[PDB]
Every structure is written in C-alpha cells, then in structure tokens.
S.K.: 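Lab note: structure loaded, ligand of interest is resiniferatoxin.
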Amino acid sequence: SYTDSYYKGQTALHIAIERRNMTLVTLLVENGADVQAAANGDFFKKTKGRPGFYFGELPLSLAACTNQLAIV
Amino acid sequence: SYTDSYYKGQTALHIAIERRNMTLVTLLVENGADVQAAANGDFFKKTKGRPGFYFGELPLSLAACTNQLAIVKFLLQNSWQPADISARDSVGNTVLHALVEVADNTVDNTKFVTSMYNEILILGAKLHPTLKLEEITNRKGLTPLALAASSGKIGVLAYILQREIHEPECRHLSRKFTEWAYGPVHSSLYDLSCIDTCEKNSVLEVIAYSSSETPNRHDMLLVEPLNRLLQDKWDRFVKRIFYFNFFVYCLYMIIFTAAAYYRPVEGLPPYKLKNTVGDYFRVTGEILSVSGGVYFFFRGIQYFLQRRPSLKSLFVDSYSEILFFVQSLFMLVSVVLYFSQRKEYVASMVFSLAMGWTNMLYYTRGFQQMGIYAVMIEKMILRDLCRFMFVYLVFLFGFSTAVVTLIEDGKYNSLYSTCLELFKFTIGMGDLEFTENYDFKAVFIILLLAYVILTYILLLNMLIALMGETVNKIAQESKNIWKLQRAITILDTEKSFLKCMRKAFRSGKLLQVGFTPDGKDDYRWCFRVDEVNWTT
Amino acid sequence: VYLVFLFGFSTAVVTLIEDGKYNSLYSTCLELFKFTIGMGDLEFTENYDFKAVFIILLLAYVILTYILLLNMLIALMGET
Ligand SMILES: C=C(C)[C@]12C[C@@H](C)[C@@]34O[C@](Cc5ccccc5)(O[C@@H]1[C@@H]3C=C(COC(=O)Cc1ccc(O)c(OC)c1)C[C@]1(O)C(=O)C(C)=C[C@@H]41)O2
Ligand SMILES: CCCCCCCCCCCCCCCC(=O)O[C@H](COC(=O)CCCCCC)COP(=O)(O)OCCN
Ligand SMILES: CCCCCCCCCCCCCCCC(=O)O[C@H](COC(=O)CCCCCC)COP(=O)(O)OCCN
C-alpha cells in the first residue's frame, strides 16, 4: 500500500472499486486480498479546508458510497 | 479591387469567401489569386461609432471568422498559393487576434470561435511545428490571451486557460494537464505562463487595470486557475504585508493627530524650539507627519505616470489614489504656508488631518464584509450627490434670490445668511418663526412653505430613494467587488515589495511534457490545482 | 465606519479652535454626534478666527454623515 502522508493505506482493492471494475475486485478477493484494510491518509479523512474524499476508509464503505450495490 | 475610401482593397476572393462558395475560391486560387491581400477600407477597420465588419483584412482571417473550416484548410494546404498562417494586418492582428475580437460571450458564438481557434492551432502545429502563434503580439503589444482578457471575452479566456488537447504529437499546445482523478477529486497542472510574470502585459495586470467598462471584469477572476493563484498569493505573503501597512498607517495618523493637537497658539510661525522635552516630541512629530505627506505625494505621482488615466475615467477608477494625493497636497501647502510665516497653515493642516482619518476606509476593502461600505460611499458620492447637486442648487438659488429681493434690511437681506437658512431648512433644522413684522409677510410665508414642501419633503426623499436603490443594487454584488479589490492589492504589493524579494512565483519550474516538436524539453512554471466536483 | 468619520472631524475641529466650547474632545464629539442624528444647531453667531474653514468642515460633516451615511445604514437595516 501507499506509505506517504496523503494516501496511507490505499491498496489495489480501493482502486478497483473506485474504477468500477467488478472483475478485478473478484480477482483480488479470490487471491486473499484484505477486504477490511483502512485507507487513512490525509487525502481520505474528513476535512473542510482541503480537497479530499472521505468515505469511511474501508472497501465496503467505498463500494456503498460510489453506488455499486453489486460489489457490496 | 475597390479603390474608394470605404471598400479599399476588397477583391473577388473576399466576396467568394463571404459567400461560402468553395468553387469560386478554388478557381481564384488556381488562377494565382493573392491570398494575402489586405482589405483595409473604413468598412473593414476597427471602429466604435460606425457600422462595420472588422476581420483582420486578410482572406485567411475572413475564412476563419465566417466559420468556414474547409476554406481555411484549402488556403493553408493547397500548393497553388499557400496562405501565411502568421500574417499580420495593419493593426498587427493575426488570425487568432481576429477570432478573439469577434467573440461576444454567447453560447453558440463561443462554440464557433473556440472550435475554429483550436483547429487553426492544430493546423499551425502540423504545418509549422517551430511556430508559436500564441506569442505573436499585435501593435498594442497584446497576445491573443492578453487581448481576450482586455476585452472581457470570458468564454475565450475560460477556454484558453483550461485548454487540454487529448491527442499525441500536439500535447504541447495544452495548458491544463490532468495528472490524476478520484471520485469527486481531480488534480491537474496549469501552465501559468504569462499569467503573472509576462514581462510585457500579463493577464492579471490587464484584468485589474481594466477601465471598468469591460463587461465581465469581475467574472474573469472566477475562472479556476486565477482564483486559486490569487488565494495562494494572498495567504502566502500579501496578507501579512497588508496588515503591516495598515498598522503603520494607523501609527502615522496617531502621530499626526498628536502633533497637530499640541500646536502652539502664539503668533507668526515658524516657532523656535525650547530646550525642553515637549518641543522635542512636537518637532519629531512634525517631521514625521511631513515625511508621510511627501511619501504619499510621490506615490500618487508615480501612479498617475504609470497608468496615464484619461479624464473621463479619472474618477470612475483611481478614486482612492486621488484622495490620498489630495491629502498630500494639503500637507505640502500647509508646509509652504508654515515656513512662509502665515497662521493660515492651520487651515490647510486640519483638512489634511480630516482626510487622513477617512482614508482609513481604503483599508476596509479586501475584506468580504467591510469593503461594501467603502464601495457604497464612493458610488453614492460619484453618482447620486453629483447629479443631485445641480437640481438642488437650482432650487436653492431660485428661492434665495427671491427672498433676498423681497426683504429690505433684515437678517435675510444677504445672500450668504439666506442661503445658509434655506440649506438648514432642507435638512430639517430650520425655524419657521414668523415673529418679525416686516412688509409682505404673506408672500414671505408662502415662499418659505413652498420651499419647505418642495425641498425637505419632495426632493430630499427623492434623493434618498435613489441612494436606497444604489445601495440595494450592489448589496448582492459584494463577493465580486471584494475579489477584484483583493486582486488589485496583490498586484500593487508585488510591484512595490520594498525588500529586494521577487518570490512572485507559485510552484516550481518543473518539466511539463518534456516532448516539444523537437528534441528539447519545456519547463514552464506549472501550478498544481486539485479541485472537487460532485457531479454524479 | 461612523467612528472613523467622527474622530476625523472631531480632531480637525478641536485642533482648529483655541479656547471655546469646541476646544474639548468630549463636547466636540457630543456635538458632532448630535449633528449625525439631526438635532444639532449650525448657529455661527461666534466670531473667532477661521470661521470659513469651520463652516466648510461642519457642512461637509453634515452632508457626509446625516445625509449620506445614515441613510445608507437605514437602507441596509431595511433590507435586513
Ligand atoms: C476630491 C474629492 C472627490 C473629495 C475630497 C474631499 C473634499 C471629500 O469631499 C468631496 C466632495 C464632497 C464634500 C462633502 C460631501 C460630499 C462630497 O468628495 C471627496 C471627499 C469625500 C469624502 C467622503 O468620505 C470617504 O468615505 C472617503 C473615502 C471613501 C471611499 C474610499 O475608498 C476611500 O479611500 C481612500 C476614502 C472624504 C473627504 O475627502 C473628507 O474627509 C473631507 C474633509 C471631505 C471629503 O471631495
Ligand atoms: C404636506 C402637503 C400639504 C401641505 C399643505 C400646506 C398647509 C400649510 C398649513 C397652513 C400654514 C398657514 C401659515 C400661517 C398663516 C399665518 O399666520 O399668516 C397669515 C398670512 O397669510 C399666509 O401665510 C397665507 C397662508 C399660506 C398659504 C398656504 C401655503 C396671516 O397673517 P398673520 O401672521 O399676521 O396672522 C394674524 C396674527 N396672528
Ligand atoms: C444636498 C447636497 C448639496 C449641498 C450643497 C451645499 C450648499 C450649502 C450652502 C451653504 C453656504 C453657507 C455660507 C455661509 C455664510 C456665512 O455665514 O459665513 C460667511 C463666510 O462665507 C463662508 O462661510 C465661506 C463659504 C462656505 C461655502 C460652503 C460650501 C461670513 O459671513 P458673516 O459671518 O460675516 O455674517 C455676517 C452676519 N452674520
């Protein structure tokens, strides 16, 4: 996962869910990918004076937030 | 070609291109027709008080302007007589300047002009990869971008600043570079070149020092890269320097007030010092006050030389510099009378002192909430009182002369005291005490009551209603007004800067593309912006 | 805004006058405040020096504060 101060904890599954790739999500979960990682960098936390995207830091919350019921 | 003063230089090719007749254009160009003729009659030049059609005087510009892409391609790409994409007219305008000028900020026109602009750029890149059309300046020194900003072309400006061409081999024509995107967020780099550091005439200078007649003067600062730039410059350096200047002005005015209050009351200036503490503090304050006056005098002169404002718009813009300059003039006249041994220097000094306090309202602008009061006061003085002054003076001089003629030997047999009394009646603090027993008392009473009804009741409330609508008109325009004033402050702070510092740039001199048409790389002073958009 | 105007003209007037009822910041600030709300005097029966400058200053104050600023406040309050 990303180790920097901004994208900390982001992994492949978050990108796959964001990109709306059902197949890659299935492949990652099949290969033992963690479905309960926390993506908890400054880009992903609640904030007012900064651009960002808060979603709850978890792939399940991300899939729900982006309106992808099938992945949920 | 036409030989008269109106259609001078027009030829068949111009008519054919206007007629959208591809066949005639093909025939004429085939027969050796000059594709770089100049049509430079009065019908074809830039003009304000005359109907006309300016297009840049050349067939290529005409073909682009009328939305005939095919003829542009044919003129540039046919071998019989190729057209010079870089040609300039008498004004110095290239085709891109011509396209900028014939914008009008409507949806359909913006689509037409923007599209033709972009296609001309692609054709230029393919035909002449070593040519940079957008840097070519017309006779006023303006590039197409500077010209678009100058004329208030919001659509063309918003297009150019946010230009992104998703095509290989011509990405160097882009200015916006989307580095990445997430759900609602995306990050791009903006080119920034000749926005802030241009060395001829940058975008922000042109928007700020526009003449207040440009239609979209405030809207042009809402376009994304500019707004973020101004916010960054404000938060980094300009904010602290602004507060420091305001504090120093406050100290200056306190010193001036204290120096003025404790003036000596004996006769015949200049006044010699005594070896005492009070005189040393007083003369110290006097020296500092006069120094400040000299400083404002020279700043005003530098302003009027650098800007060269015309008489018509002298007050419409530059109101603040005028008032600061007039304050300094009162100070200098006071010094001249002081050493010239006249007590009447006091009469000058107090005026400067009064003005010195009210010019504090200059510093309220640049605040979102408080700048509205300074803006309103400026506009009400310049438009409502100044128009109303003539109407009120007609009434005042009429009834004053009537009353003074009627009266023989009273307090009303003098134009000065009579004008004072009627003025007081206008603002509701007269008397109407008819205790005197002069002749023509009935006529005197009828005249005064007619005056009081006409001026206190009718005219004054008319003025107040008009001022009320002016106040309501610009209550809702507050945000725009604030933004523009903050921009002007930032530019002036960069101009003076008083510390040998020229850290006017925002982000680094980073490689943008690295792939020119040739084997070099471009470093362009890009600026990173991450935006949020909740669409879908 | 109002205090900027008031302190400006109050200090100017007090500096101009030597030994009157206007040679005091307290009474002068009171008088100019009364002028703002339309219950002053404008009685120039006194015969001190610089009478013309005193008159011009007070009339400029009365136009700027009683006519211009006060009705600006009233228009804004009316919209609220
Ligand atoms: C040169 C001009 C235009 C001007 C200079 C003087 C004489 C002025 O009166 C006027 C004429 C006048 C006189 C009396 C009532 C209304 C207008 O308007 C201004 C000018 C107008 C004002 C009005 O008060 C202000 O709010 C000043 C001001 C407004 C907005 C600003 O952005 C500002 O920043 C510099 C200053 C202040 C005076 O300069 C002042 O302090 C005195 C003693 C008279 C006012 O002449
Ligand atoms: C709001 C919009 C509508 C406004 C309507 C206006 C109404 C104003 C009220 C009337 C005011 C009358 C003024 C007082 C009359 C007066 O006191 O004076 C009269 C002299 O004649 C006049 O002035 C004629 C009256 C003026 C004509 C009319 C404008 C008689 O003389 P004496 O003083 O010696 O009285 C004898 C000794 N005590
Ligand atoms: C509604 C918006 C438009 C507003 C327009 C404003 C018009 C107001 C006109 C009022 C003018 C009042 C003139 C004062 C005359 C006066 O009373 O003072 C004179 C000296 O004149 C001056 O003050 C200088 C001129 C002042 C000019 C000031 C603009 C000396 O007379 P005495 O003392 O010897 O009187 C001897 C017997 N008592």
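Lettering of chains proceeds alphabetically from A, tracking the sequence lines in order. All residue numbers given for chain A refer to the PDB entry; the residues shown span 193-264 in order. We number chain B the way the PDB entry does; in order, the residues shown are 193-603, 627-751. Numbering, chain C: per the PDB entry, residues 583-603, 627-685 in sequence. Hydrogens, waters and symmetry mates play no part in the numbers below; they use all other heavy atoms, side chains included. As the structure lists them, so they are numbered: ligands from 1, and atoms in each ligand from 1. Lab note: partial entry displayed, contacts enumerated inside displayed portion only.
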S.K.: Can you list every ligand or chain that belongs to resiniferatoxin?
M.R.: ligand 1
S.K.: Can you tell me which other chains reach within 4.0 Å of resiniferatoxin (ligand 1)? Heavy atoms only, strictly under.
M.R.: B, C
S.K.: Please list every residue in chain B that UniProt marks as binding resiniferatoxin and that has a heavy atom under 4.0 Å from resiniferatoxin (ligand 1).
M.R.: B:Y511, B:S512, B:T550, B:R557
S.K.: Where does resiniferatoxin (ligand 1) sit relative to the transmembrane segments of chain B: which ones, by UniProt's count from the N terminus, have a heavy atom under 4.0 Å from it?
M.R.: 3, 4, 5
S.K.: Among residues of chain B listed in UniProt as binding Na(+), which lie with some heavy atom under 4.0 Å from resiniferatoxin (ligand 1)?
M.R.: none
S.K.: Hey, could you tell me which residues sit within 4.0 Å of resiniferatoxin (ligand 1)? Heavy atoms only, please.
M.R.: B:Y511, B:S512, B:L515, B:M547, B:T550, B:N551, B:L553, B:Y554, B:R557, B:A566, B:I569, B:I573, B:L577, C:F587, C:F591, C:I668, C:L669
